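Notes on a structure featuring pritelivir.
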Amino acid sequence: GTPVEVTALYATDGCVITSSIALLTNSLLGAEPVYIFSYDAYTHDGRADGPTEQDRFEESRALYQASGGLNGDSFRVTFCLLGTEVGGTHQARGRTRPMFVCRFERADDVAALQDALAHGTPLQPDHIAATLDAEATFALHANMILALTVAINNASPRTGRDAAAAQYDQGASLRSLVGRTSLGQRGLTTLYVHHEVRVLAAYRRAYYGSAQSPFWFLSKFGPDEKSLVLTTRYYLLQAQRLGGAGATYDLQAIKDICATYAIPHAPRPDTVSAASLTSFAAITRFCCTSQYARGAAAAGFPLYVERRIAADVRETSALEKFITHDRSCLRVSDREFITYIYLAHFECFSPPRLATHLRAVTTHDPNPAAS
Amino acid sequence: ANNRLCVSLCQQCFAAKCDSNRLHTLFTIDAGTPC
Amino acid sequence: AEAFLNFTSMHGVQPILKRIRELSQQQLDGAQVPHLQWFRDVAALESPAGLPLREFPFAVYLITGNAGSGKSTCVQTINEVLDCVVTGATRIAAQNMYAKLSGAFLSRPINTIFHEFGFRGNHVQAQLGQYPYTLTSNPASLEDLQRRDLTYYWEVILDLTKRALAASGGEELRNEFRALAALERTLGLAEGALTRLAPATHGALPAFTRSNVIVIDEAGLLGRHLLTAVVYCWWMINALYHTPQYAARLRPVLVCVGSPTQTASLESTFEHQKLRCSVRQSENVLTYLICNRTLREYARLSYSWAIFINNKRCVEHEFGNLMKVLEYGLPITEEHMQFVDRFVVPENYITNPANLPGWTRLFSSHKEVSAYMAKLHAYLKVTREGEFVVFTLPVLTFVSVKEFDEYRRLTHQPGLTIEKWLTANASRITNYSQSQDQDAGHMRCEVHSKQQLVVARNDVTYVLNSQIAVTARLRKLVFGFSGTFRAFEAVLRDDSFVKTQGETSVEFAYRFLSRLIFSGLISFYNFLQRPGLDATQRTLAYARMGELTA
Amino acid sequence: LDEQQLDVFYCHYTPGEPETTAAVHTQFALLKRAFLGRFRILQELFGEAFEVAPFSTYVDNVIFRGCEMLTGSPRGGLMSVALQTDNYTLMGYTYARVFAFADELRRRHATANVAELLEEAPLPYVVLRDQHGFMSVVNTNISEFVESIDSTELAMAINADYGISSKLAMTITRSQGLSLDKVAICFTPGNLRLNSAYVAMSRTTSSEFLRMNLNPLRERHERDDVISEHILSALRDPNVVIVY
DNA sequence: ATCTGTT
Ligand SMILES: Cc1nc(N(C)C(=O)Cc2ccc(-c3ccccn3)cc2)sc1S(N)(=O)=O
């Protein structure tokens, strides 16, 4: 068919920035295995006609066939970390930043990628080094090289030596420096070799907050298995790409909404336990083999998010309009006005009423047609 | 208080500095011992 | 549970976000942006009598509410969605805000508002308000109010302007942003592609060059003359570096969070000759914004106001009704008077140190607190119940003889006594305001020649095994102890202790923990010395520990 | 005490000085494993009686006499900064000398006379214990006072104290940025205002722990309703947002 | 009557 696109959030035990830079520069002296924590798969649209709610559900459920092994032949994967992109304007600000890109076409590469995505084994640096895409990988680290070069050379450029042949133009120094600098592998490798500390410090500021321990993830997105999988995947990856009406909500709201997505259960032979959170191996194996990461359970969360948000807003808006209209045209004293304000607001949003409303919007099936 | 009895002592003074025409409270004690 | 306690507070914050985002994107005209010549003109003045009339644009958004109503979730969502700068009016407020924000998802360090616009140590001892000013305009325009505010705060403003203009390499223009723009123009790239990466490569640039949305928390304790200064400072900085946002013609947006009822600000002054301290009340920022007519018309406060009601903690009826009556200024009836009669008790009951143990006493003076503390310390000795001891420690102050001579010469009045001057200046030499509530003894002073100094020495009394608080930023050194066995195991199991420290001494923390663990062995047999412990289980433990060690 | 009376693991294991990060991590992991194993063995041996056993471990040898602590030298131990929102306990005072504090005082302060005079006559340090139970030594509090008269600035005085406070009594103005659990108020007739009463009566969550010496609603007081009028008039505006 | 900003 067509290359399937994949976005992979990746992590490693150690210093992720140093290992990534060593991988990029080909200085195979600090590379380490990479663990894939979360991912999402999609196919290019190719058709403007917006499919109905029951068409995209089926199309998406056809991807995660029955074992988390995506259906396809050739794959295009983008490995990324935490951080916020700069220079872009939208409704909200981003939460992740791409790091590099690889293409898997051969049989061996496809088998390795499927094994990594199904069970959870780490990927050795050999495959990543061999399958890297140079033209697209280095289109990202293009302006940073120029900025770092200018900052390093920013020692006073007098450009007035004159003499016999040293009388280069005021603007000629920067022009020549730009011309002689290659915005590719060579420039980055030389800068790393000669100015390692400054380069590392500069890179650690564009990817703020990219080095966290497993307990941080467990505390933020856990402690439940269903939450730990679904909420992580939606909040970090799909929310910005899909860009619906739920892209301006914070993490607490998303967890609250997920609490109502009640679907059948099936206990596992065993769970994860403490004293193993010193590495990403146990958490990765636990997450990749879950039953919420494939099938019809993972193909129908975003639709429920949209439906629930719309259902809540529908009633909230009408109640607010009624209250405001009544408030704006009442002629009474202060005591009566305060009494009315608090009485109306209590009558609308008392605890039992909220409990009933919440019990009225609970689903027991991922299929939109059988909700 | 909740199902109890409250007994208080009050005074009214006729001096110019205190007030007069006004009632003042001195202390409050509980009287619920002999239920 | 915890799902229906956030239902109504998470659907009502969207309009606030929409309005703030709309406000923070409007563009100014080309004939309104302050130029860099205005500050050069100001820096070359001697008295505030030569200031002309000028305007500095800005915009505001108010968030007022009762204490305990839940206005923090708004800041949480704003930080998570928008790009802003979060500050605080004091140190406690900043620490609480950082705790919340970092406990939710993620955050950077949080500082005060004084550190943001360049407040130094010396400015703490300036004289505020010496030159007369009289409003001239019938309902004064914005320029009149701005000039009055700049005249009130003259010393700090002038010093900051001089320092900022001189420190920028004299007349050498800063090259942090200009070189990148020149290179981008030469190479023919998209606008803003290379300049916006300046903060990443330079790690000392101020935060006011990064965003134009400023959040001020607990703004009720700030004086009204600080609404202008901040604004002023912003423009100046952005005119010096020529930042990317200065070229797009944007203006600051100030989001002020507070409560206008249970908060006030005070101003004090010192009068020489008689050596007297005078304190009074003034206006704060929220009242300035709400009450003034010109500001109300300029900032359009009707479309930029959100109000939080409700209280989450009250579970009583009459108490809530009384609180509402007191807050909203309703008339007082006899039912409230009858209700409030349950809490009264004689004063001698309260002032006895043997009644109501562990309760806090609120007075209205610095002398009653001292008297009660002395009474309590005297009582804790003779009528001892154990596990409470009282001891004393010395404190001291050094003076300057030459500087005292100079001050006396400048102020005249040759006849002066060190004791009287020190007694008069008791409220200003110290660092914190609780120095007057301490139980201290008789004063004593001496003169040490050779070094030509005068030293005053005194004693202060403290209790043992009592809870205290640190009113300052002091460095501390950890040197042992971890509690009971279970607590020690729990602390060692999790790595949060490592993460709390900065990302520079992880190896140091590991080494310290390793040393403590190494010294933590032995003494197990002292535990085994418990009477009536065992006979053979001791040998079983011996064998087990030997096998484990092998 | 058997042949392994002193945990002969000591006499057969000598954990020498540390090394590069890898060696430090390996040693730390091995020590954690050993400590956890020995603790598990002992807990299985005895249990609850062992769980609450007293414990104390220090980098060096320390002794306590009355209200004083005698120790050799404070070598090692990571430095840190004390926060103003944390709770501590007053353990005592010590006369041990620390090089870091003295060197910092020499560095930051250019006043050599004060430093020398303090060196001739020393001051004690304060020893505290935090919530979790880690003994800490805290530095002294030094402040500088320079006056400004007319347009001249003169440095005049320096103060040296400890800078700790107790939450057992305070004024009413200070408590406007605090929260309490039990309160006992004390008004004074003659200068009573209603706002002071409102601020003082709202420091606690409930009314079961409140006391006072007079009734402020039956006495004479001053009122000023200017902000309340504006707030009430803003609630009838259809353009103001109200959040429950 | 009266508080808090600065490594
Ligand atoms: C049956 C009922 N329960 C009601 N609750 C829970 C409340 O008022 C809750 C509350 C709301 C605001 C405050 C407050 C406190 C200080 C300053 C301003 N405001 C206190 C408490 S209200 C009603 S009723 N009789 O109006 O319908």
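Letters A, B, ... mirror the listed sequences (proteins, then strands); counts begin at 1. The structure has been trimmed to a portion of the entry, and contacts are counted only among what remains. All ligand and atom numbering here is 1-based and tracks the order in the structure. Values reported hereafter were calculated over all heavy atoms of this structure, with side chains retained and with hydrogens, waters and symmetry mates removed.
- Most heavy-atom contacts to pritelivir (ligand 1): the chain UniProt names DNA replication helicase.
- The chains other than those of the drug that have a heavy atom under 4.0 Å from pritelivir (ligand 1) are A, C.
- The residues lying within 4.0 Å of pritelivir (ligand 1), counted on heavy atoms, are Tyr342(A), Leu343(A), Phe346(A), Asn310(C), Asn311(C), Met323(C), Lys324(C), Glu327(C).
- Chain A - PDB entry name: DNA primase.
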